[PDB]
Amino acid sequence: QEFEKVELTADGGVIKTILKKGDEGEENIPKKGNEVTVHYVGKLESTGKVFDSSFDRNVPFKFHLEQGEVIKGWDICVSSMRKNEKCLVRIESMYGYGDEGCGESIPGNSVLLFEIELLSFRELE
Ligand SMILES: CO[C@H]1C[C@@H]2CC[C@@H](C)[C@@](O)(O2)C(=O)C(=O)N2CCCC[C@H]2C(=O)O[C@H]([C@H](C)C[C@@H]2CC[C@@H](O)[C@H](OC)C2)CC(=O)[C@H](C)/C=C(\C)[C@@H](O)[C@@H](OC)C(=O)[C@H](C)C[C@H](C)/C=C/C=C/C=C/1C
């Protein structure tokens, strides 16, 4: 295969395609509570339109892994990533914004596609 496809929930709700392999070893995978730094771009599957590319180039996005800060599919995806990994992740609505959707562009029952690059992570004191 060109790329490794990784099913991250058994229900098919979160599926990752590894575009660029990251660094081998457990020490290179972020742990719960760590600050992680990424680039990303998000696209809505239904319309095919990119809704967020603000963090896709020079500006990094930071969040705390597995701390209720982001949609579940992001915690599930990033917890599987190796430092320097670039992936495509397809997130069904159960692991995204569910029925509520988000903002003007993302309705209920949306499938989201993100490209995510894991740049770095750190443990908090
Ligand atoms: C301008 O751009 C927005 C991000 C946009 C919003 C709209 C969506 C389409 C999107 O375009 O991102 C997008 O691409 C997206 O879907 N994202 C952002 C990238 C991570 C994955 C996902 C997400 O979960 O967004 C998140 C989603 C929209 C809302 C959360 C979903 C999970 C749920 O459990 C949370 O309940 C609380 C709410 C937004 C975030 O990643 C930001 C960082 C986090 C929060 C706002 C909350 O965690 C909040 O809870 C108190 C916090 O603790 C924060 C740190 C407090 C500080 C002051 C607020 C910072 C706000 C920053 C906002 C930013 C950069």
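Throughout, chain A uses the PDB entry numbering, with the displayed residues spanning 5-129 in order. Just so you know, these numbers use all the heavy atoms, side chains as well, and skip hydrogens, waters and symmetry mates. First listed ligand is number 1; within each ligand, the first listed atom is number 1.
Sitting at ligand 1 is the drug rapamycin. In this entry, more contacts with rapamycin (ligand 1) come from one chain than from any other, and the PDB entry calls that chain FK506-binding protein (FKBP)-type peptidyl-propyl isomerase. Applying a heavy-atom cut-off of 4.0 Å to rapamycin (ligand 1) picks out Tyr44, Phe55, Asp56, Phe65, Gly72, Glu73, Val74, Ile75, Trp78, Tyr101, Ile110, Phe118.
Of the protein's heavy atoms, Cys106 SG, 4.1 Å lies nearest to atom 7 (C) of rapamycin (ligand 1). Atom numbering of rapamycin (ligand 1) starts at 1 in the shown order; those under 4.0 Å from a heavy atom of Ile110 are 9 (C). Residue, atom and distance of the protein heavy atom nearest to atom 41 (O) of rapamycin (ligand 1) are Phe65 CZ, 3.4 Å.
Atom 28 (C) of rapamycin (ligand 1) has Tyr101 OH, 3.2 Å as its closest protein atom, hydrogens excluded (heavy atom only). Residues of chain A contacting rapamycin (ligand 1) are concentrated in UniProt domain PPIase FKBP-type. Summary of contacts: the protein heavy atom closest to atom 24 (O) of rapamycin (ligand 1) is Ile75 N, 2.9 Å.
Note: no N/O pair closer than 3.5 Å links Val74 and rapamycin (ligand 1) by distance alone. The protein atom (non-hydrogen) at minimum distance from atom 18 (C) of rapamycin (ligand 1) is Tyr44 OH, 3.5 Å. This PDB entry assigns chain A to the organism Plasmodium falciparum 3D7. Annotation: atom 48 (O) of rapamycin (ligand 1) to nearest protein heavy atom, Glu73 O, 2.7 Å. Here the heavy atom of the protein found nearest to atom 33 (C) of rapamycin (ligand 1) is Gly72 O, 4.0 Å. The nearest heavy-atom contact from the protein to atom 12 (O) of rapamycin (ligand 1) is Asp56 OD2, 3.3 Å.
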